[PDB]
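First the structure, in the form of structure tokens, and then the observations on it.
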Amino acid sequence: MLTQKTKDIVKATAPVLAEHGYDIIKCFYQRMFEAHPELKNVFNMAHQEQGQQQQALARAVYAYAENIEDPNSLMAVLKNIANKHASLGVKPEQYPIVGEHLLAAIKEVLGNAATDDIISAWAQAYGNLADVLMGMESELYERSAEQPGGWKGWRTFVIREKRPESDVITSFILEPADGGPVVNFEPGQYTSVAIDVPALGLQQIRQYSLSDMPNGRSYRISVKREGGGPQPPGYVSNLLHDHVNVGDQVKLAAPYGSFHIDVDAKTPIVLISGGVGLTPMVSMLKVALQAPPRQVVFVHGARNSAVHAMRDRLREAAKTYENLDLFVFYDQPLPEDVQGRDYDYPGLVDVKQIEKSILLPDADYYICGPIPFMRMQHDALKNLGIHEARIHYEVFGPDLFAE
Ligand SMILES: Cc1cc2nc3c(=O)[nH]c(=O)nc-3n(C[C@H](O)[C@H](O)[C@H](O)COP(=O)(O)OP(=O)(O)OC[C@H]3O[C@@H](n4cnc5c(N)ncnc54)[C@H](O)[C@@H]3O)c2cc1C
Ligand code: HEM
Ligand SMILES: Clc1ccc(CO[C@@H](Cn2ccnc2)c2ccc(Cl)cc2Cl)cc1
């Protein structure tokens, strides 16, 4: 537990760590993987190769230092991290490993600036946080294990169905190879696919939102091909698209995540998604639609019809259910796409254009999609006067972003 003096050093030195983030990250991974190559099966080996994490790291040390006197705010984001670590299968015995290399890295990068006081302070902060996280991750592991259909670590699943949803998004329906029940989850939650990457000669792990409702038998994920156009292709998403088929096997983690609807609630929901960001919205849609009433506004932005996933299914849903409003935005509509017919509005999702349809009293708003899309939606919702507490978001990447 941290003395006042220790927290003050953290507050005074976080900028130094954030400034040297690139070199630290680079040194940390060089050291850790030399000591423990096997850890390369748990981390992302694309990472580009570390840029996104430097951003994450810079934001994370600042926010930590900015909230070190407020344990409640700190507990909340720790929960999101525990959930992500639980999904990856992070183990208490790995905490001393990360710690040594992180500290050895920080020390080697700061060199002369790495005083005893400073190294002592971040080392205590590493330990304080390690403790909290391990306890949270353990409690999450036990809760999955004990529930009907639950498990710890990886369970083998077989692909039963593989269906294209658009040019770029394909669904996979998964049943356990053992043939038993699967655990319940909250709409909005994710699994993690663990699979061997031939090009890498390594296992890689990626999160995917569970895109259908709980049924007790199977899970659905819906995967966007992260393809070419100067940028290198994604590892796992291309692998699922081209090389995984009906009858092949993957490993899955139990459902985790802190982004979801309260199923027992009867208050309304506004579901705002961009592109593949729709995947957890569909699960929330399908659940909320049973039980009086409940009231769902499904607001989706896509490029056009070619890349619009689940297009015919949502359209049919909007004419079968009185409690569902559908609003579709097309950013660059194809010539065969016609407004007032195949989509509602052109351009980006803009909540002002449907303001009275979305501002249901004491609603909950849920946002998923690319970061600038989420800032944009968050901002717009906040200019209508919705309380920060009523806006919920999930990042398809590290972070900690639109915090
Ligand atoms: C909570 C959560 C939920 C998610 N839900 C979904 C979902 O429902 N559906 C879905 O499709 N995805 C979802 N994702 C995203 C998904 O987990 C993966 O990040 C995504 O599928 C890409 O993985 P990959 O292995 O294909 O790409 P990686 O190999 O991990 O590469 C990542 C990206 O960087 C690019 N890149 C790689 N190398 C470079 C380079 N050196 N220079 C520049 N760019 C580079 C790649 O093209 C790719 O777009 C979710 C993520 C999270 C965190
Ligand atoms: C105090 C110790 C730790 C802290 C504060 C910490 C914090 C974080 C944070 C902030 C993230 C990003 C969360 C997200 O993407 O939503 C993360 C991700 C991650 N952590 Fe930790 N973590 C710690 C320890 C560990 C340990 C011990 C392991 C064991 C291998 C580990 C493995 C990972 C992995 C694999 C990711 C995902 C990043 C990626 O995509 O590669 N972490 N952690
Ligand atoms: Cl200089 C420094 C100071 C504090 C941390 C704190 O956390 C580190 C270690 N780590 C990695 C995975 N899990 C934990 C980290 C977190 C998140 C991300 Cl996205 C990258 C990193 Cl490196 C890291 C470098």
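The residue numbers of chain A are those assigned by the PDB entry, with the residues present covering 1-403 sequentially. Every number for a ligand or one of its atoms is a count from 1 in the order of the listing. Worth knowing before you read on, the calculation uses all heavy atoms, side chains too, and leaves out hydrogens, waters and symmetry mates.
The drug at ligand 3, chosen from SU6668, S-econazole, KB2115, TAS-103, is S-econazole.
The chain forming the most contacts with S-econazole (ligand 3) in this entry appears in UniProt as Flavohemoprotein. Of all the heavy atoms of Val109, none lies under 4.0 Å from any atom of S-econazole (ligand 3), so neither backbone nor side chain is involved.
Short contacts between S-econazole (ligand 3) and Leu57, defined as distances under 4.0 Å to a heavy atom of the residue, involve ligand atoms 1 (Cl), 2 (C), 3 (C), 4 (C), 5 (C), 23 (C), 24 (C). Atom 4 (C) of S-econazole (ligand 3) is approached by the protein to below 4.0 angstrom, counting heavy atoms only. Of all atoms in S-econazole (ligand 3), listed by their number and element, those nearer than 4.0 Å to a heavy atom of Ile106 are 1 (Cl). By minimum heavy-atom distance to 1 Å, the UniProt active-site residue of chain A closest to S-econazole (ligand 3) is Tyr95, 7 Å. In summary, the atoms of S-econazole (ligand 3) found under 4.0 Å from a heavy atom of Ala56, numbered by their order in the structure, are 19 (Cl). Source organism of chain A in the entry: Ralstonia eutropha.
Protein heavy atoms are absent from the space less than 4.0 angstrom from atom 16 (C) of S-econazole (ligand 3). Contacts with S-econazole (ligand 3) closer than 4.0 Å are made by side-chain heavy atoms of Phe43 only, the backbone lying farther away.
Which parts of S-econazole (ligand 3) touch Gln53 is read off a 4.0 Å heavy-atom cut-off, strictly below it: atoms 20 (C). Among protein heavy atoms, the minimum distance from atom 14 (C) of S-econazole (ligand 3) is reached at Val98 CG1, 4.3 Å. Checked against UniProt, none of the heme b-binding residues of chain A turns out to have a heavy atom under 4.0 Å from S-econazole (ligand 3). The dominant UniProt domain at the interface of chain A with S-econazole (ligand 3) is Globin. Heavy atoms under 4.0 Å from S-econazole (ligand 3) belong to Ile24, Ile25, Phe28, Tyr29, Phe43, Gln53, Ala56, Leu57, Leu102, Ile106.
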